[PDB]
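Have a look at the structure below, then the notes.
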Amino acid sequence: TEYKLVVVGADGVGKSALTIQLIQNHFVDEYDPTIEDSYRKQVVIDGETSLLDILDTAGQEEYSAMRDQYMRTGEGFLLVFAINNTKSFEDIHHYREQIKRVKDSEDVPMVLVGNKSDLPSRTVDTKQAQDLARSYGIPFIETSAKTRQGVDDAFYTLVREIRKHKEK
Ligand SMILES: C#Cc1c(F)ccc2cc(O)cc(-c3ncc4c(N5C[C@H]6CC[C@@H](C5)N6)nc(OC[C@@]56CCCN5C[C@H](F)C6)nc4c3F)c12
Ligand SMILES: Nc1nc2c(ncn2[C@@H]2O[C@H](COP(=O)(O)OP(=O)(O)O)[C@@H](O)[C@H]2O)c(=O)[nH]1
Ligand SMILES: [Mg+2]
């Protein structure tokens, strides 16, 4: 099965670092902050061979019709913030609403991802993120793209959310 996964959130939260951890199994310090691109990873998840096509979003904020239609083809979304950046957490509502807007649905597979969990300079409490994810009805996964903590869990959980959505 193929899955179109989309990684969204504010600049600097670690979308590209998370993506490259999944694709290449290491931490890329410098990934061009402006570049939006996609990558495939083939993996077996709960016994099913899965082709994950991951869109790592970036670039200028714009809402062209092409862009709405492209985002609408995403099947599941990682809502990424960084635990050291409160503005990135406050921006999660916006990304969730843009997904709901283009998919014309209140029920889109999503996972809330609190990245940079290796850093000591926390300004977003785990409880804040758990409360937000509970209010959205979605899982919350703590990650570090630096150490790889939680990375497979975030992507595989999103795949499991898509499978559950298909059966509703
Ligand atoms: C993603 C996505 C996205 C979706 F998931 C779903 C559907 C979408 C349909 C669209 O047509 C288009 C998008 C889409 N594309 C790019 C965005 C973006 N950029 C600028 C920077 C920060 C990330 C990256 C890309 N580089 N930024 C903000 O918002 C930033 C803030 C801060 C300044 C003002 N805005 C409004 C809020 F306050 C938050 N939204 C964006 C957005 F919705 C969509
Ligand atoms: N310590 C730490 N740094 C991170 C982590 N994820 C990303 N970074 C760093 O944060 C910056 C922004 O990461 P990037 O992947 O470009 O974020 P993007 O703009 O969301 O694609 C870079 O300096 C990364 O090396 C993480 O989990 N831990
Ligand atoms: Mg990036």
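The numbering of chain A matches the PDB entry: 1, 3-169, in order. Computed from heavy atoms alone, side chains included, the values below leave out hydrogens, waters and symmetry copies. Both counts, for ligands and for their atoms, begin at 1 and track the order of listing.
Among MRTX1133, GDC-9545, BMS-852927, RLY-2608, the compound found at ligand 1 is MRTX1133. Per UniProt, the macromolecule making the most contacts with MRTX1133 (ligand 1) here is GTPase KRas, N-terminally processed. For atom 25 (C) of MRTX1133 (ligand 1), the nearest protein heavy atom (residue, atom name, distance) is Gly60 O, 3.2 Å. For atom 41 (C) of MRTX1133 (ligand 1), the closest non-hydrogen atom on the protein side is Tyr64 OH, 3.7 Å.
Near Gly10, meaning under 4.0 Å from one of its heavy atoms, MRTX1133 (ligand 1) places the atoms 23 (C).
Contact annotation: for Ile100 versus MRTX1133 (ligand 1), heavy atoms closer than 4.0 Å belong to both the backbone and the side chain. The side chain of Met72, and not its backbone, has at least one atom closer than 4.0 Å to an atom of MRTX1133 (ligand 1) (non-hydrogen atoms only; side chain from C-beta on). Residue contact check for MRTX1133 (ligand 1): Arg102 places a non-hydrogen atom closer than 4.0 Å to it. Comparing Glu98, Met67, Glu62, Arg68 by heavy-atom distance to atom 15 (N) of MRTX1133 (ligand 1), the nearest is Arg68.
Residue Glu37 places no heavy atom under 4.0 Å from MRTX1133 (ligand 1).
With respect to atom 2 (C) of MRTX1133 (ligand 1), the closest heavy atom belonging to the protein is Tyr96 CD2, 3.8 Å.
With a 4.0 Å cut-off on non-hydrogen atoms, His95 touches MRTX1133 (ligand 1) through its side chain and not its backbone. Less than 4.0 angstrom separates some heavy atom of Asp69 from each of these atoms of MRTX1133 (ligand 1): 9 (C), 10 (C), 11 (O).
Geometrically, MRTX1133 (ligand 1) and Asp12 share a nitrogen or oxygen pair separated by less than 3.5 Å.
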